[PDB]
Amino acid sequence: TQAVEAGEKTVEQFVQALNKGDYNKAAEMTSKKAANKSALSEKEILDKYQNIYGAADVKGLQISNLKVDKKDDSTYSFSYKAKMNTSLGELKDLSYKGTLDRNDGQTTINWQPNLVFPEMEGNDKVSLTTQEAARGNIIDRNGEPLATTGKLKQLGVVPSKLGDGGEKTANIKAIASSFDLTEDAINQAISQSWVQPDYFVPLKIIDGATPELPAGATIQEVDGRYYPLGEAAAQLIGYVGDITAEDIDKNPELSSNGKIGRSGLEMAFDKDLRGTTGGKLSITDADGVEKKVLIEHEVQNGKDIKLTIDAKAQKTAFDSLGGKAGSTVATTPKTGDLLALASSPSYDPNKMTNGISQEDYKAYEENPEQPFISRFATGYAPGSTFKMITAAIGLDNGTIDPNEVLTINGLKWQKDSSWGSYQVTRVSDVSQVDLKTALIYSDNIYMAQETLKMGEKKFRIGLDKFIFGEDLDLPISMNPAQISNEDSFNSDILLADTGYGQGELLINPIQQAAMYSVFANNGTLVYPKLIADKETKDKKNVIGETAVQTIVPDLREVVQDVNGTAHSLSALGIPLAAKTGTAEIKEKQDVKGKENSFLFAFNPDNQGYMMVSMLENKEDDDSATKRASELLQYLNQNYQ
Ligand SMILES: *C(=O)[C@@H](NC(=O)Cc1ccccc1)[C@@H]1N[C@@H](C(=O)O)C(C)(C)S1
């Protein structure tokens with residue numbers, strides 16, 4: 001019992017060496033190459049573990065139920081049970097054994113072939129057969145293909161079949177012109193280091209119709225991941241990439257000859273879409289004689305995933321942005337089904353997963369407008385659209401009277417002289433301003449005064465009833481919305497700015513569509529829902545039904561009144577309640593000052609659809625309201 005404590009330490013740090021991937025240090029703990037001692041030499045153990053554990057991708061060796069006893073003068077036999085993770089799953093209830101040798105003060109392990117796998121004898125071998133699982137598709141709310149694995153048409157060139165001299169140079173340009181490609185890229189692809197005279201070197205992928213084939217234009221049909229919408233759903237869906245040797249080290253259950261999701265839903269749902277690798281891990285002997293099977297299970301394909309996205313609304317919402325920086329969120333506000341999650345500018349997913357020239361990948365990483373960003377998940381300042389929330393709070397606590405008319409003179413205003421030179425500004429010079437007039441002309445001075453009148457304490461009481469600080473249940477990485485940096489404004493100026501959607505507010509378009517969903521459910525907040533089978537979670541009594549019955553009729557006038565900020569939408573001739581708004585951004589990249597246009601709109605008759613569009617760093621005379629008539633028409637007669 002005095003040396004058994006050091007004997008259990010020997011088995012403890014031996015399994016730790018195997019579990020740490022260091023087989024050399026694990027071999028140094030064995031005895032000497034003899035009949036009853038260790039059965040192999042030093043490097044003979046290193047090569048035995050590395051070839052077997054490396055082939056099956058063995059990682060995570062845990063042991064339990066140790067029992068170290070005695071038998072002879074130095075033969076203290078040990079036995080335990082272990083578990084490990086391989087390419088085909090987890091090995092459980094592995095009964096191990098062996099003996100020890102405690103000569104002097106160094107207790108070693110009499111190594112035996114049963115220490116690699118339980119039922120391995122003298123010179124036994126291990127074999128692994130695996131069949132990769134097909135990746136499941138991603139479908140929309142109507143079963144349309146958003147991310148399937150289909151057949152593609154390739155285009156490559158063989159350097160020998162290009163001619164026999166100067167004819168190759170002319171055809172290198174004839175192939176570049178017949179398929180719209182760079183002539184310098186064809187002669188560069190055929191002159192790489194790995195290129196051989198008769199090797200089929202690929203080029204680009206034919207999108208559909210195959211043009212005339214010049215002097216050697218082989219079209220080898222290949223299979224790969226295909227995204228039918230392309231850039232329209234690039235940020236949402238994502239892209240898959242080839243699996244690296246360092247990826248298998250983290251999760252050994254991945255097929256090294258397969259694809260892994262790198263961003264978006266392809267990554268957030270990688271476990272459900274890749275399936276499980278099938279095959280058999282058996283122990284053989286001599287000439288592949290199947291002795292004992294360790295693991296063997298059938299191949300399971302990936303589960304298809306149905307979203308709440310409308311493929312037609314996703315493409316229309318993206319195309320309406322015209323390639324400018326922005327995003328659009330369209331939902332069914334009574335259930336939360338996100339019908340479209342567009343972001344612009346965007347990248348090409350089919351180009352990323354099917355091989356992209358590194359010059360073009362630098363264009364996406366160095367693009368100032370950042371096409372990789374999912375702008376529907378990026379927190380912004382909500383802008384003038386946030387006055388709906390501030391007004392609804394003011395009506396609930398009785399601070400704002402819908403019929404009380406404030407008298408505002410000029411375009412600038414400040415509470416006292418303690419504000420220095422800062423003044424709340426408004427665009428229109430209306431003298432008599434009530435709640436109806438302030439929401440039509442988008443008056444900041446009215447909301448600023450009614451916010452200071454409301455008080456900081458009473459303001460947050462209504463704000464805390466929303467989703468500020470909450471993390472929504474969506475497979476989209478985002479930060480929770482915040483009222484301010486700290487839990488206290490500690491500034492009258494900051495309180496007024498937060499009244500009309502400025503200050504230290506950060507709300508992403510998905511969270512905005514959730515907070516604004518109360519105006520379509522009579523004060524009940526409906527959480528957004530991306531997976532089609534998810535339940536409809538809601539949160540009632542956020543604002544009173546009285547404030548909804550007061551603001552919603554006013555939001556109709558933002559469209560119908562001749563001086564409304566969203567009057568251009570009255571041309572649609574459909575029932576609409578909207579609320580526009582810009583937002584000042586003082587980014588230090590330039591001394592100008594970028595501003596972001598916003599737009600919120602929904603149908604007040606049936607509450608069938610709700611839309612939140614925005615334009616980041618908008619161009620002059622451009623607005624989200626201008627480029628919203630297209631999908632507002634679609635959402636009107638398709639989601640009533
Ligand atoms: C709401 O965000 C308001 N805008 C501002 O406070 C900043 C601003 C930016 C550019 C010009 C003027 C003022 C008002 N809402 C928007 C809108 O509803 O589009 C206005 C441009 C009417 S100012």
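Residue numbers run from 1 in the order of the sequence given. The basis for the numbers below is simple: all heavy atoms, side chains too, and nothing from hydrogens, waters or symmetry mates. Order of listing sets the numbers, starting from 1, for every ligand and every atom in it. Header lists the method as X-ray crystallography, 3.5 Å.
Looking at ligand 1, one finds the drug benzylpenicillin (bound form). The chief contact partner of benzylpenicillin (bound form) in this model is named by the PDB entry as Penicillin binding protein 5.
With non-hydrogen distances under 4.0 Å, the site around benzylpenicillin (bound form) consists of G383, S384, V427, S442, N444, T580, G581, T582, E584. Lab note: covalent bond from benzylpenicillin (bound form) modeled to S384 OG.
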